[PDB]
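Heads up, this one has penicillin V in it.
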Amino acid sequence: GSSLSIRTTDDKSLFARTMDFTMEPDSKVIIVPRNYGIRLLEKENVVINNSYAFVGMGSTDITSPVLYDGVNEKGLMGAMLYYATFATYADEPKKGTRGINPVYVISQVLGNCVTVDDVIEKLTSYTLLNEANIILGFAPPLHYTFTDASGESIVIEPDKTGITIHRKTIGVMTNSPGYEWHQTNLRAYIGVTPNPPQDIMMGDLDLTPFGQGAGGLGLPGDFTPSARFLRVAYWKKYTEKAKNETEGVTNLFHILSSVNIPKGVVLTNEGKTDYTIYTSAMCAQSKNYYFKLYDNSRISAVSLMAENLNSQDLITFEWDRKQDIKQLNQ
Amino acid sequence: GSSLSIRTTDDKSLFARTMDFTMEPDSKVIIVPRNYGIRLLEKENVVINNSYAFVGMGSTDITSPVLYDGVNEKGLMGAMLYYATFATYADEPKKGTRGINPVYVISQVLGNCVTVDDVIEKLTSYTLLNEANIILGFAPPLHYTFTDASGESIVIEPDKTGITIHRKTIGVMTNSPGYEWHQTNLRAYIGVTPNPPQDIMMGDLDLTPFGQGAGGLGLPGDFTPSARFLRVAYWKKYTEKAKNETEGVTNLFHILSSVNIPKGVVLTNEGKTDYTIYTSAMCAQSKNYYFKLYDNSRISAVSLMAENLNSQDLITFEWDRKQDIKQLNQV
Amino acid sequence: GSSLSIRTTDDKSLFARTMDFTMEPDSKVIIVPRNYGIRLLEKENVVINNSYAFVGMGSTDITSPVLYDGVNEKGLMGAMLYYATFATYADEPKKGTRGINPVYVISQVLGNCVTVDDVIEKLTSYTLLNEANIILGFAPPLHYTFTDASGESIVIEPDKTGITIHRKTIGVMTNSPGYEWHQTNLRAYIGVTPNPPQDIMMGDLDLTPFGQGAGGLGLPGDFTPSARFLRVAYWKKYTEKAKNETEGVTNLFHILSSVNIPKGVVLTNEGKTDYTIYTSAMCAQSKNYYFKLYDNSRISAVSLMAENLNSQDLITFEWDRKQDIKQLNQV
Amino acid sequence: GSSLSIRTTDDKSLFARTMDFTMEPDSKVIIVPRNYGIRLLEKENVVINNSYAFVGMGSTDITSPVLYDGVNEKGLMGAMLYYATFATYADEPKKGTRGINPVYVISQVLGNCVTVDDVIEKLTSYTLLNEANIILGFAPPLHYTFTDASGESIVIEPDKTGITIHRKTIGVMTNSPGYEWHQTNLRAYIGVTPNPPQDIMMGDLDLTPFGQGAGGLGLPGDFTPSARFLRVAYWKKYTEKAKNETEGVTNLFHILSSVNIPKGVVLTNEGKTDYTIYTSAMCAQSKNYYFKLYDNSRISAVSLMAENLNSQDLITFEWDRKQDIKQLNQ
Ligand SMILES: CC1(C)S[C@@H]2[C@H](NC(=O)COc3ccccc3)C(=O)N2[C@H]1C(=O)O
Ligand SMILES: CC1(C)S[C@@H]2[C@H](NC(=O)COc3ccccc3)C(=O)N2[C@H]1C(=O)O
Ligand SMILES: CC1(C)S[C@@H]2[C@H](NC(=O)COc3ccccc3)C(=O)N2[C@H]1C(=O)O
Ligand SMILES: CC1(C)S[C@@H]2[C@H](NC(=O)COc3ccccc3)C(=O)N2[C@H]1C(=O)O
């Protein structure tokens with residue numbers, strides 16, 4: 001998948017993520033309220049009490065709410081994205097550390113944390129562990145991005161050297177490899193702009209472009225994580241600033257679109273389709289969650305703030321996998 | 001912009017296109033009814049009479065309705081797209097031809113034609129002229145694609161040598177250069193697949209890809225016309241066979257999304273921002289014309305087989321330039 | 001392979017080409033003298049008589065000398081290169097044409113022609129036939145480039161529609177597809193420059209390139225014909241104006257080096273290894289033909305304006321397939 | 001520049017390097033014999049006594065022989081290549097370390113070291129220093145590759161974290177960025193082979209390639225260090241094994257050629273040409289040095305073994321910047 005944060009021009013931070021998977025059963029939008037318990041591991045019993053309510057896209061098939069992204073009531077936003085062959089986990093916690101499940105990292109940070117630093121500290125009392133949840137069958141190689149209300153982003157990744165933190169990132173993350181590497185890849189591609197190369201001659205012949213779009217030459221178009229990072233970064237940089245929160249979601253979906261993967265164009269070596277099952281955006285300041293799906297391109301939205309925050313069970317919706325065409329006449 | 005037709009499994013032809021421009025003049029959905037009247041030229045009063053009623057996206061700022069694409073009541077779909085530096089027009093009609101404004105051809109084909117050969121034969125009595133319009137300020141360099149209910153597809157292209165007809169096209173079209181050139185560019189990319197590269201060794205070091213989608217390696221990703229064509233064909237090829245009309249409209253919007261241009265990422269020589277104004281799709285069997293827009297990713301649909309098809313007046317629907325977000329709880 | 005002509009500042013035209021093949025049959029430098037005799041066809045005994053003597057690389061395994069490229073005593077340079085899937089030949093000559101073996105045209109142009117229009121006009125009396133030879137086993141799909149002492153350049157291309165002449169070419173040619181197609185592909189790469197991209201900021205992070213040569217971003221690097229053409233033209237464009245013949249021969253070999261294929265990096269459908277057998281350059285004003293080879297990066301030169309130009313017999317020079325390393329001290 | 005080692009099939013290791021610069025005055029091939037002194041710094045006086053004789057391309061304008069590449073008599077081969085914006089140097093040595101000049105690293109390792117491990121050890125009694133030699137005007141951002149007779153390669157690079165060593169590399173190095181990054185870039189490009197993609201159809205149309213060469217699609221062609229690494233790596237991998245030492249030099253020059261830079265096609269922001277001024281190859285087993293230049297494509301060779309190794313002054317040659325065309329007739 002691919003993610004990014006942007007900064008509205010009326011002091012408002014937004015974060016969006018594409019989920020790319022090989023077939024998505026289930027997954028609703030869950031507001032999880034205060035004082036629900038979120039477990040830490042699955043085969044053992046500790047379950048931290050969340051100070052904060054948050055909301056996002058997740059599962060509900062194991063025993064604590066699993067969230068892939070979300071905003072909590074204090075303006076911190078987050079995602080776990082795949083991260084194949086670079087994710088490393090422990091068997092048992094370290095010294096003065098106790099253990100956590102990759103799939104649980106988000107719920108737990110979003111229920112407890114507010115600043116982006118709060119997340120770096122929280123995550124040195126954690127060692128990630130090699131536990132296979134039943135909804136997949138194994139521990140998804142993951143890495144996490146996060147973004148507080150101020151718009152400062154961070155990437156946390158579980159390498160084999162140990163947990164790697166990157167402060168003050170450019171607010172973009174996709175998938176493997178490490179964020180360090182994508183950030184230096186960016187340089188190879190600085191020539192990719194919105195501006196036309198200027199006309200040339202080859203002897204007597206005059207050479208001018210086929211039409212508009214040529215400043216972009218070099219930018220790869222495949223759906224490889226390295227390219228996906230490249231396009232999301234590069235169209236974040238040049239895309240026009242969003243003046244308001246609605247415009248933010250719109251941009252965020254226009255940029256993600258360049259990396260949105262149709263059914264069938266990417267196969268695995270087993271032979272299943274890898275496609276964009278949904279794509280969402282969240283706002284720090286209003287604590288809104290907006291989302292879109294493969295089978296429907298109408299953004300649905302929940303407001304976390306206008307709900308019973310305090311509050312016996314989780315609140316649920318519930319995917320409309322059907323194209324919501326407005327008929328202007330019958 | 002960029003286009004293509006696909007065919008579903010319930011025997012249904014569908015054609016979609018994005019429109020890329022530096023600013024929107026007022027456009028709308030326009031239903032043109034039988035016997036309305038469409039000029040050939042802006043400076044002349046000859047007004048040929050449309051046999052058929054149709055529906056598409058168009059302008060209304062000039063004497064007759066101008067359609068960028070759409071579908072008449074006999075299930076013929078088409079569009080005009082930009083075709084810069086290649087498009088050539090006349091000063092006067094060749095002997096035994098009526099002259100025509102290039103912005104008027106879709107209207108005129110869509111009001112009087114049913115099959116693809118109908119359009120081929122129709123443009124023998126025609127000569128594209130160098131006529132301006134008050135909408136843009138000049139005769140825009142265009143070429144045309146068309147797609148009848150059977151699924152066949154063509155490209156009419158006004159070149160320096162004359163009007164060039166390409167028959168049994170793959171049903172994808174972009175902008176310049178000419179259809180044969182793009183059709184031969186496809187060759188240089190046949191190793192763009194949905195499949196993964198095999199693993200290799202470089203000495204004792206093992207190499208396997210970053211995650212996925214490496215079979216696509218070499219597909220360009222910019223928004224030049226020539227890149228768009230590639231994306232649009234290769235992703236047309238591999239995307240899943242659509243099964244119904246609606247899931248057909250989705251596939252089209254997904255395939256087109258790969259070539260949807262956000263504001264600011266493409267600038268002009270005068271630094272105008274070139275972006276996808278709207279995307280539309282239409283169907284031959286239902287005669288339904290769908291569309292989203294830059295600020296509204298919600299699809300609106302218009303049925304044409306439900307209207308006063310012999311109406312005296314145009315039937316039009318204004319743009320909803322407002323992002324139409326559903327509230328799942330009170331927001 | 002890949003070719004091009006350049007012009008120096010002491011008013012000298014030079015043409016170089018690489019030859020890419022899956023194995024070398026015996027080839028050599030061949031000086032063909034005036035009045036030698038060159039067949040049109042292998043199965044026929046008509047033997048037209050060469051006005052001019054020339055020199056180039058060729059075979060000797062068939063009844064007449066076969067030249068892949070070279071330069072006659074009137075300073076006309078040329079080559080035949082592969083032209084797969086596009087090249088079309090006859091079964092019989094069109095009315096009022098003598099038939100010819102495609103492998104024989106360079107010989108026949110080089111023995112009887114002086115300027116580029118001479119060659120254009122000459123191939124109106126000609127029809128490429130489908131005639132095999134015992135060297136390769138079949139009529140190879142080819143096209144031809146030519147370059148006279150004035151610097152002008154042309155591409156003769158045997159298409160399905162017929163023989164296609166492109167005049168005032170940029171003087172670069174590769175393999176397929178057709179010259180117009182490559183000439184229009186150049187457009188999609190005009191932002192391949194020797195200049196650095198400007199520095200940018202992405203938020204607060206500063207970006208500047210890895211070292212150098214980033215203006216080249218987007219130039220493909222594979223050994224498809226279409227890539228080679230690009231490399232060869234853009235590096236023809238920017239490389240430094242050569243000042244003399246010899247430094248002219250170097251530039252050519254440098255520009256060609258970018259498209260020189262090492263053994264094993266390109267395989268065939270039957271898995272034959274396709275590699276650059278040799279590179280040659282020749283000059284119009286000196287009538288000197290230069291060449292290195294895969295195993296000998298040392299250039300050997302043959303002067304033609306020093307021989308028995310009316311000799312009864314061929315004059316030939318065997319390949320030195322031995323890397324010719326200088327010993328600066330006793331090695 | 002760009003470099004690589006290959007392994008002959010008769011138990012013989014060879015290493016070649018392209019030198020890319022913005023104008024090359026001077027530079028001969030220098031055999032430096034045993035018991036010559038090689039300084040360590042330029043403004044201060046320590047000068048280590050070399051156990052071994054070696055030979056390569058270098059300068060002779062400062063006060064100790066500067067070598068860019070070479071082989072010593074014990075079969076170790078080496079190069080310094082540029083390394084812009086990633087090279088970091090100290091002002092003063094560390095603890096138990098004393099100081100060295102980037103330009104001197106090669107002479108000194110090649111005069112003293114035999115195994116590739118010998119080089120890792122030697123280089124933890126060294127801290128590189130910020131001293132501006134007169135032939136350039138400043139300390140060239142450098143990084144070093146090395147290769148012993150056994151064919152095991154290593155890359156040493158001076159990062160800002162400190163000196164970075166990579167063991168058992170793939171035997172390829174160009175320029176920035178770090179070797180770690182190029183090695184993981186390699187994966188993005190595994191699809192680049194010698195084999196044709198197989199034919200496809202688009203509806204009724206048949207699609208087959210323009211001709212031979214299409215397995216290579218994706219490989220970039222620019223002269224950027226990242227691409228240059230990519231081509232040198234990828235054509236090293238697929239190029240046919242060299243059966244003997246002569247064939248080794250030939251391959252090594254056929255592979256380097258793909259990354260050999262013509263005059264004029266690369267400019268700097270000041271506006272000077274950046275071109276390949278020479279390109280050389282060396283053998284572990286025979287201790288031969290072979291070289292080629294921009295203006296001449298005939299390989300000249302020195303044999304280190306057939307010289308006075310022991311031995312008052314340096315031995316010199318001396319560039320023939322003139323195309324050595326054999327005339328087969330006058
Ligand atoms: C005056 C313009 C800014 S608008 C007109 C025209 N159209 C567009 O920009 C619309 O999109 C394109 C789509 C494909 C190729 C070229 C352009 C074009 O080019 N134009 C510009 C130009 O020529 O500078
Ligand atoms: C089990 C799987 C079907 S899913 C897992 C992995 N990931 C995905 O499909 C998710 O999508 C990604 C897309 C790009 C980069 C990383 C991940 C992959 O490859 N996998 C497959 C595999 O080959 O085992
Ligand atoms: C001083 C210089 C002319 S040389 C220095 C640097 N390097 C080179 O020209 C050498 O060539 C390289 C080529 C590729 C990567 C790294 C180096 C560069 O850029 N430079 C120039 C600069 O811009 O200051
Ligand atoms: C029989 C062959 C291996 S040799 C013949 C022919 N030529 C080459 O491989 C020479 O190089 C080329 C140069 C440009 C385009 C195509 C080929 C070709 O293709 N051939 C091969 C084929 O068609 O498989």
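Numbers restart at 1 for each chain; the letters A, B, ... are given by sequence-line order, proteins then strands. Per the header of the entry, the method used was X-ray crystallography, 2.6 Å. These numbers come from the heavy atoms of this one structure, side chains and all, not from hydrogens, waters or symmetry mates. When a ligand or atom number is given, it counts from 1 through the structure's own listing order.
- One finds penicillin V in this structure at ligands 1, 2, 3 and 4.
- The chain with the most heavy-atom contacts to penicillin V (ligand 2) in this structure is named in UniProt as Penicillin V acylase.
- The letters of other chains with a heavy atom under 4.0 Å from penicillin V (ligand 2) are A, B.
- Heavy atoms within 4.0 Å of penicillin V (ligand 2) belong to A:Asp20, A:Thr22, A:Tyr82, A:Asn175, A:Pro225, A:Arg228, A:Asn269, A:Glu270, A:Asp274, B:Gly211, B:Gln212.
- Within penicillin V (ligand 2), counting atoms from 1 as listed, the ones closer than 4.0 Å to a heavy atom of A:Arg228 are 13 (C), 14 (C), 15 (C).
- The closest protein non-hydrogen atom to atom 13 (C) of penicillin V (ligand 2) is A:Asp274 OD2, 3.5 Å.
- Near B:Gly211, with a cut-off below 4.0 Å to any heavy atom, the atoms of penicillin V (ligand 2) are 15 (C), 16 (C).
- Remark: penicillin V (ligand 2) atoms within the under-4.0 Å shell around heavy atoms of A:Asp20 are 10 (C), 11 (O).
- Per the entry, the source species of chain A is Bacillus sphaericus.
- Distance from atom 2 (C) of penicillin V (ligand 2) to its nearest protein heavy atom, with residue and atom name: A:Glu270 OE1, 3.8 Å.
- Against a heavy-atom cut-off of under 4.0 Å, A:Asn175 is close to the following atoms of penicillin V (ligand 2): 14 (C), 15 (C), 16 (C).
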